[PDB]
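Dipeptidyl peptidase 4 soluble form in complex with teneligliptin.
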There are 2 protein chains.
Amino acid sequence: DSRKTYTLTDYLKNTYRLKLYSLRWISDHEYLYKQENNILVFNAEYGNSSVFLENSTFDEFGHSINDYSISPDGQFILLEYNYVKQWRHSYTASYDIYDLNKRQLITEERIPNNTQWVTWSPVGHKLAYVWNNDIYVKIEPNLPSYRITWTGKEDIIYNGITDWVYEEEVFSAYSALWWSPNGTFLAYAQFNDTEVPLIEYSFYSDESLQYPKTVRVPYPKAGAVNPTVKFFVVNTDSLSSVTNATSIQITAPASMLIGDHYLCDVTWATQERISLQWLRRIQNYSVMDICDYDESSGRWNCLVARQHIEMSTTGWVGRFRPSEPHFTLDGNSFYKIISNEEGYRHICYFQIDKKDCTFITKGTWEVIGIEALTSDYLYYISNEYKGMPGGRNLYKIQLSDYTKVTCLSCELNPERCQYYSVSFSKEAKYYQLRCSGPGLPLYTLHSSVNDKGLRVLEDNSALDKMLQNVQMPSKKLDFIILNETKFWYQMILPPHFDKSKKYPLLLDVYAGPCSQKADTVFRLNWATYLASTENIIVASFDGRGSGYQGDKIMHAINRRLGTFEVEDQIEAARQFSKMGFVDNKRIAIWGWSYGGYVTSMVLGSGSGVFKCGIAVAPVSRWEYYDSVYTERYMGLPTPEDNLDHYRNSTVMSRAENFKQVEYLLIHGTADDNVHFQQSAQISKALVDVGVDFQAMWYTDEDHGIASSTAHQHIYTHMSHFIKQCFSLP
Amino acid sequence: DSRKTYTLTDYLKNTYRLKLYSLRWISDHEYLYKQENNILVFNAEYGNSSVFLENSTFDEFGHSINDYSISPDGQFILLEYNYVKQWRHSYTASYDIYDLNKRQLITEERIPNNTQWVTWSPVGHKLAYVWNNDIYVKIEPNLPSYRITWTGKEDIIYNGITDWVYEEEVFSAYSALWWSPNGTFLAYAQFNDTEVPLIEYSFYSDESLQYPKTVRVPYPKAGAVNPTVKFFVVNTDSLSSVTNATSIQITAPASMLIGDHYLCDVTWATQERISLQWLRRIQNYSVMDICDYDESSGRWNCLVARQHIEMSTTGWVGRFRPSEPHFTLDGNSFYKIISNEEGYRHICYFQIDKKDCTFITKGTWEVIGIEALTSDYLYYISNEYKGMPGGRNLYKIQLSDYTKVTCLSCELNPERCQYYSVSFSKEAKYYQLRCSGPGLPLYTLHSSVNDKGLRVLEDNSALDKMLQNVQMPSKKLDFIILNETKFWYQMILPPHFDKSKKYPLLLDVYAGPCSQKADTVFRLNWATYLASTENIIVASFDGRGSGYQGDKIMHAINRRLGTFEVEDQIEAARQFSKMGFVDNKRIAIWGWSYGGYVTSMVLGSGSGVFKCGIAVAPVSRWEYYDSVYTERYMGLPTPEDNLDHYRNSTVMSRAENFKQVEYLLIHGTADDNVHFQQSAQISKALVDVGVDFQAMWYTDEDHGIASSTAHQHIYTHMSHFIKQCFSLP
Ligand SMILES: Cc1cc(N2CCN([C@@H]3CN[C@H](C(=O)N4CCSC4)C3)CC2)n(-c2ccccc2)n1
Ligand SMILES: Cc1cc(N2CCN([C@@H]3CN[C@H](C(=O)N4CCSC4)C3)CC2)n(-c2ccccc2)n1
Ligand SMILES: *[C@@H]1O[C@H](CO)[C@@H](O[C@@H]2O[C@H](CO)[C@@H](O)[C@H](O)[C@H]2NC(C)=O)[C@H](O)[C@H]1NC(C)=O
Ligand SMILES: *[C@@H]1O[C@H](CO)[C@@H](O[C@@H]2O[C@H](CO)[C@@H](O)[C@H](O)[C@H]2NC(C)=O)[C@H](O)[C@H]1NC(C)=O
Ligand SMILES: *[C@@H]1O[C@H](CO)[C@@H](O[C@@H]2O[C@H](CO)[C@@H](O)[C@H](O)[C@H]2NC(C)=O)[C@H](O)[C@H]1NC(C)=O
Ligand SMILES: *[C@@H]1O[C@H](CO)[C@@H](O[C@@H]2O[C@H](CO)[C@@H](O)[C@H](O)[C@H]2NC(C)=O)[C@H](O)[C@H]1NC(C)=O
Ligand SMILES: *[C@@H]1O[C@H](CO)[C@@H](O[C@@H]2O[C@H](CO)[C@@H](O)[C@H](O)[C@H]2NC(C)=O)[C@H](O)[C@H]1NC(C)=O
Ligand SMILES: *[C@@H]1O[C@H](CO)[C@@H](O)[C@H](O)[C@H]1NC(C)=O
Ligand SMILES: *[C@@H]1O[C@H](CO)[C@@H](O)[C@H](O)[C@H]1NC(C)=O
Ligand SMILES: *[C@@H]1O[C@H](CO)[C@@H](O)[C@H](O)[C@H]1NC(C)=O
Ligand SMILES: *[C@@H]1O[C@H](CO)[C@@H](O)[C@H](O)[C@H]1NC(C)=O
Ligand SMILES: *[C@@H]1O[C@H](CO)[C@@H](O)[C@H](O)[C@H]1NC(C)=O
Ligand SMILES: *[C@@H]1O[C@H](CO)[C@@H](O)[C@H](O)[C@H]1NC(C)=O
Ligand SMILES: *[C@@H]1O[C@H](CO)[C@@H](O)[C@H](O)[C@H]1NC(C)=O
């Protein structure tokens, strides 16, 4: 063979690029799509377009525009710029509104600078924005704001936005406001961080800064004091008629009030009915309230007959958070994903005043998500097809006859596409299918009335052509058996793979609870280069604790992080050698984040299986990590709860066993999530026992080490180390 | 040759220890010596001893005593324990006092815990001590203490102790207390750091600390707000237990009060005469005031007729600060090292009320220090012997005839001993010589009356014969010519050095202003292992800006740090590489601190001479370093002064050029001196141009990376690096 391989320059410089089809549905019939930096509107039924916004229109705006969003009624567009990333989801920016009718910018009563979030009402053109930790509402883009809260206080009181931990762990989103479905009410959460301890780290900034600055974030580590939360609803329709419109509190149930708790879900049901879920600090008990506006009293009431209680015997509640409800039009019933009697996650259907739900799906497989609900159908993604827990397909269940279930995606192109996501139009008339593997991604448009394919949106044939002429790795997804249970693994295999030759193996690890590293997604990444150019088999493996294959497996690491998930990676490696195509002298392991911890635990296990390993931004001790995530899996680090296992599960306690391996440790200094602290303590421990290792810090990089230069630097650095570890003299 | 080499373990585990003989003169006739934990008193004339303190006297004391300090009159002993390091000289400790007459510990009115500094008066047994930034005085060990200052305040107001920058740079000590020669008066300085910005960094502590802490130190960076200082004198003979102490302030001369300035020297002349020097923040103007106590007034008066002005046109004043005066018995005249007209540092004789001084020494060589003064002789150390700048000998000059100069150490043992330091008895009747090279250290005792050599104190006999069984490297000290100027170098040469063989070379750099790395001192260090086990030549070179050779060379880097001193190392290496025994393909460079800065600048120079190098705790940008040190050499970083060269002289600007070399960058996270920031900015810059390098941070280590485990770990890592850099294909 004489075609070039997939090299590291190829990966780092993005020579081979995936084409996407990111559309935004503006109605049941139309979607927006960015083409040549023009923004086009598409008729779904026929596939014709017009230009919605010409690429010339903001030439003389004077600012690089970061993003855009159109009022639901089409009359205005919101423009975002001066974007500066905050955490994983949060950022600040400047904003302006362009009147789409008048074809004019709006210059009075403008959204202030340094605004933290902004949302259109779901209908019409109301705006809700958060500035200086307070909520404000405009009825019309050009009119003065109404202030909603007066309590905003930097790092202390958050109205309508999350604090660090609620952003990262609880909502995995920044905003904490929820418009009612026709824009009348605005629901919002308020977070109090007064007694939450601060993480403190240096930020060095450009070299022109003489003194480093101290970044200080309220961040509760395990067992520490948590933010408290309150919930409010204001009637925005009365702001123009009243001076200071009252924010009506809905208090948490008495069974949450008895101690530390969380607000873990907000979902509107109807115009006058909202639902909330709370979760005790011990994350095995949740309560859903369903609350109705009492018109004559102006107050919200949650009838105890409508409360629903979820609880767990074998582990925590939900995959990561208690699962969200989906309401039928009338708000009298709802669908929720919950773990059945066998431990598998399936769709359960509730009436709002009955506690017992009815299961509409079942089997040894799981529903991944509920994607849309019409009067006749519920659409959902699952891994049912062919018993492949790492597969994804779109299903449709007939509401009047549960035995009538159609796979809408399975057989469309079943050699090329086993992993789907979906985007439904506003009332589910159309759906876009997004196939992400095991062949090249494919984007298709479908009409829901007949379930027929309307046209191919993006098929990536341009790329396929280029890839024909490159020695690509292949991928093997399969299982092995242990104690009579299936555990999946995938392998990125060098081109011309030969079962008779002996290959070096790199074990790629994440292995956190409900993770999945063995799937059917097509990826171009570092592993691609390693299999293609360096002839390394890159393996991953879903051992105990992993997701989408049921509770028996997922909860097996309940309260016991740093055990089975760790042993099973080692076991995985023993089984690859046993396959006879793996050089037992050249087994490596590497992981980022949770994977950094597992890699490190495996390297300090004293197993003899691995020659070397790389840990990037690892957890090193569970007490250093955040309360919400750590406590969900570990409980509390108190003598009466689970301290023994917190202390027994640190990387540092294994320092002496790192004498047997070559170790590369890497961490960004401004990592606000897994604090440099945690690698500072691994390195100190290794020094203390006289172990030599390799280290790299990334100045002002966070958990993602995602900046362009640093991204390339870290994969270059790691490549040398892998090659060095494997080099044969 | 079947003998072992001096290995890396040998260096790190101190297999071969230099024996010393540290004594403390107590009179003109006797000294103390710590022998097998016992304290012995020696009579100098005869060499006989008695036991002063038996080691077992405190067997059941409670804690391990860190240090002892006997009152000058021999009645009491101060016991130091609970020693906790602060900066380079500062610490806190606890203290108890033992009465040698009553043979019992004092239990009444003990010195408080966390005492910052304590000192006996130079006669008798008074005590002055600092606690919570205030000065206290005990006339008797058991008597209640009088409080002298009430202004003391953490990180803000310092009485009788220094702030960070005065400790490190100005006094190079922590005390700011000066007893008068018979203990009547106590002179002290007060520092005010109110507007001095804080350096902040993380400290991680032991594993069990859940949240890292932020250390905050008042530290002025180049051009920032400096501390302000005041000077006071209190009569301790007139204290009341009923009235607050009265401190008489001596204000600085008007020509210092016009702007930012420093207090740089305090030296008592008599019982009632004290001298101070003040230095302008632009450190090329200093003035000495001489102030007499006015028995009528109770005030101290500094007659302008007694003011002494010192200035430099080519650089700064004094080697690092203006030199100390050595007064005669009556205090009417004094001796002081100042730069002569040829820019060589020589002894000048001053009358207290006359502007001009008289140089009593002269020549193209320099006086290192004045060590002792009698009515007949001044004893000094100089580098005159054989015009060797890196050698050190003891001389006496006859005060009535300056032509009568006698060398007291030159001829004692020329082959073994070319580097001396001395220690005189109280009245200069006896002196100790410490020879420390080029052969093994040798300690001897002498009498001044006829310069008889009484006896050998310690000759390092054991070690000598130990070393005979090891393949010890040799040291070569020589010079090269650059523009008709002699510049010196040293090479640590491997055993059995073979000039027809080609050796790899490591350039060991410091190169700071007034530095000296080519000398005759005998050292057992990293370079020793390198030459002996690894057969690497380790060279050091003293180029422009190096000290002890006149201001023509020392001042060449004035306002121009990171130029000639960097250029000169490259040229040295260049020249070394053209010698026949140097492998021009294997030349490395390393430095710590200022040498880390030079190493990095050299590596970024684009010279092509060096294949690899190591920088430990380097300065990277002069604006990050402290004011006193940096401004002395660079002036102010304003466009009206020397900003451009502050910006021309960064490691960061040279990042591109690292592309062609292998670089290891190492720094401790708790470095209060050269802040981690300096390396964080280096790392970021290399990341930004795409240059691979190696790195190592040391959690909670400071500038010395000196804790036993970190020490062994750093040298282990560096050894691995150098060996890898020097391996052939
Ligand atoms: C399919 C999916 C994945 C996740 N998450 C997002 C949060 N994520 C954690 C956020 N912080 C954690 C983290 O960063 N570490 C944990 C231990 S090592 C570092 C992961 C796990 C996956 N969510 C989710 C979780 C909570 C609310 C909504 C969605 N849903
Ligand atoms: C023979 C000698 C050496 C020094 N010094 C001590 C202080 N030292 C500086 C203290 N901080 C500096 C430092 O640590 N860096 C400077 C450049 S990189 C880091 C060195 C230089 C030599 N002194 C001295 C200086 C001032 C007062 C009294 C004595 N005398
Ligand atoms: C709108 O109403 C709120 C609540 O009634 C007012 O906020 C209160 O103001 C008082 C005194 O200023 C504080 O002591 C209370 O704690 C505040 N309560 C809350 C919930 O913030 C607010 O001032 C009103 N706004 C206007 C413009 O009148
Ligand atoms: C956020 O929480 C703190 C308590 O954790 C509240 O602060 C207290 O407020 C009362 C007045 O109602 C004071 O008397 C207390 O002394 C305060 N305690 C502390 C610890 O500061 C604060 O009001 C809360 N903020 C809200 C709800 O906006
Ligand atoms: C959105 O839903 C709200 C909530 O029901 C509607 O507000 C009510 O409108 C009816 C008119 O039929 C009145 O009887 C009630 O007094 C209103 N209640 C409140 C609290 O405002 C609102 O009309 C709907 N808005 C739109 C645009 O359809
Ligand atoms: C230490 O210095 C600060 C100034 O740096 C002094 O504070 C000033 O005090 C004067 C008189 O009391 C006031 O007029 C100023 O407003 C203060 N300035 C600032 C910036 O605080 C402080 O008093 C000094 N302390 C001592 C003991 O000398
Ligand atoms: C140390 O020297 C001081 C300063 O001269 C002595 O104090 C003076 O002593 C004389 C007698 O010799 C008295 O007439 C003065 O009134 C004293 N002056 C002051 C300012 O106190 C002191 O006696 C000496 N101290 C010791 C312990 O010998
Ligand atoms: C703007 O619009 C047209 C697409 O029809 C094209 O000429 C141009 O490439 C577009 N893109 C720009 C100006 O970035
Ligand atoms: C697409 O074509 C139809 C005609 O069949 C027309 O009515 C519709 O408005 C067109 N839509 C767009 C977005 O161009
Ligand atoms: C929730 O967890 C705690 C401790 O793990 C346990 O004692 C409690 O009974 C649990 N609740 C349920 C319903 O199992
Ligand atoms: C040394 O010897 C002399 C006797 O000649 C004696 O007086 C003196 O006290 C002795 N000194 C010591 C320190 O033991
Ligand atoms: C220092 O602390 C110890 C133990 O806490 C205490 O017993 C002792 O009295 C203290 N020392 C002084 C001088 O107060
Ligand atoms: C001495 O002065 C200080 C501060 O000025 C004051 O706090 C203290 O009360 C005074 N004490 C006496 C006894 O005068
Ligand atoms: C001190 O240095 C400055 C700045 O280079 C210079 O202008 C001046 O001549 C010097 N001061 C004296 C008193 O020589």
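By convention in this document, chain letters (A, B, ...) are assigned in the order of the sequence lines, proteins followed by strands, and residues within each chain are numbered from 1. All ligand and atom numbering here is 1-based and tracks the order in the structure. Heads up, header says this was done by X-ray crystallography, 2.5 Å. Atom set for the values below is all heavy atoms of this structure, side chains included, hydrogens, waters and symmetry mates excluded.
- The parts of the structure that belong to teneligliptin are ligands 1 and 2.
- For teneligliptin (ligand 2), the other chains with a heavy atom below 4.0 Å are labelled B.
- Heavy atoms within 4.0 Å of teneligliptin (ligand 2) belong to B:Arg88, B:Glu168, B:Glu169, B:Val170, B:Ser172, B:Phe320, B:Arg321, B:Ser593, B:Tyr594, B:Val619, B:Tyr625, B:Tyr629, B:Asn673, B:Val674.
- Rounded to 1 Å, the minimal heavy-atom separation between teneligliptin (ligand 2) and the UniProt active site of chain B occurs at B:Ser593, 3 Å.
- Of all protein heavy atoms, the one lying nearest to atom 8 (N) of teneligliptin (ligand 2) is B:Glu169 OE1, 4.5 Å.
- The shortest N/O to N/O separation between B:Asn673 and teneligliptin (ligand 2) falls below 3.5 Å.
- Scanning the protein heavy atoms around atom 19 (C) of teneligliptin (ligand 2), the nearest turns out to be B:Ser593 OG, 3.2 Å.
- Within teneligliptin (ligand 2), the atoms closer than 4.0 Å to a non-hydrogen atom of B:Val674 are 19 (C), numbered from 1 in the order shown.
- Looking from atom 29 (C) of teneligliptin (ligand 2) to the surrounding protein, the closest heavy atom is B:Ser172 CB, 3.9 Å.
- At the shortest separation from atom 3 (C) of teneligliptin (ligand 2) among protein heavy atoms lies B:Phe320 CE1, 3.5 Å.
- Of the protein's heavy atoms, B:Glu168 O, 3.7 Å lies nearest to atom 7 (C) of teneligliptin (ligand 2).
- Regarding atom 15 (N) of teneligliptin (ligand 2), its nearest protein heavy-atom neighbour is B:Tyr625 OH, 3.0 Å.
- When only non-hydrogen protein atoms are considered, atom 16 (C) of teneligliptin (ligand 2) lies nearest to B:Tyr629 CZ, 3.3 Å.
- Each of the atoms 14 (O) of teneligliptin (ligand 2) lies under 4.0 Å from some heavy atom of B:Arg88.
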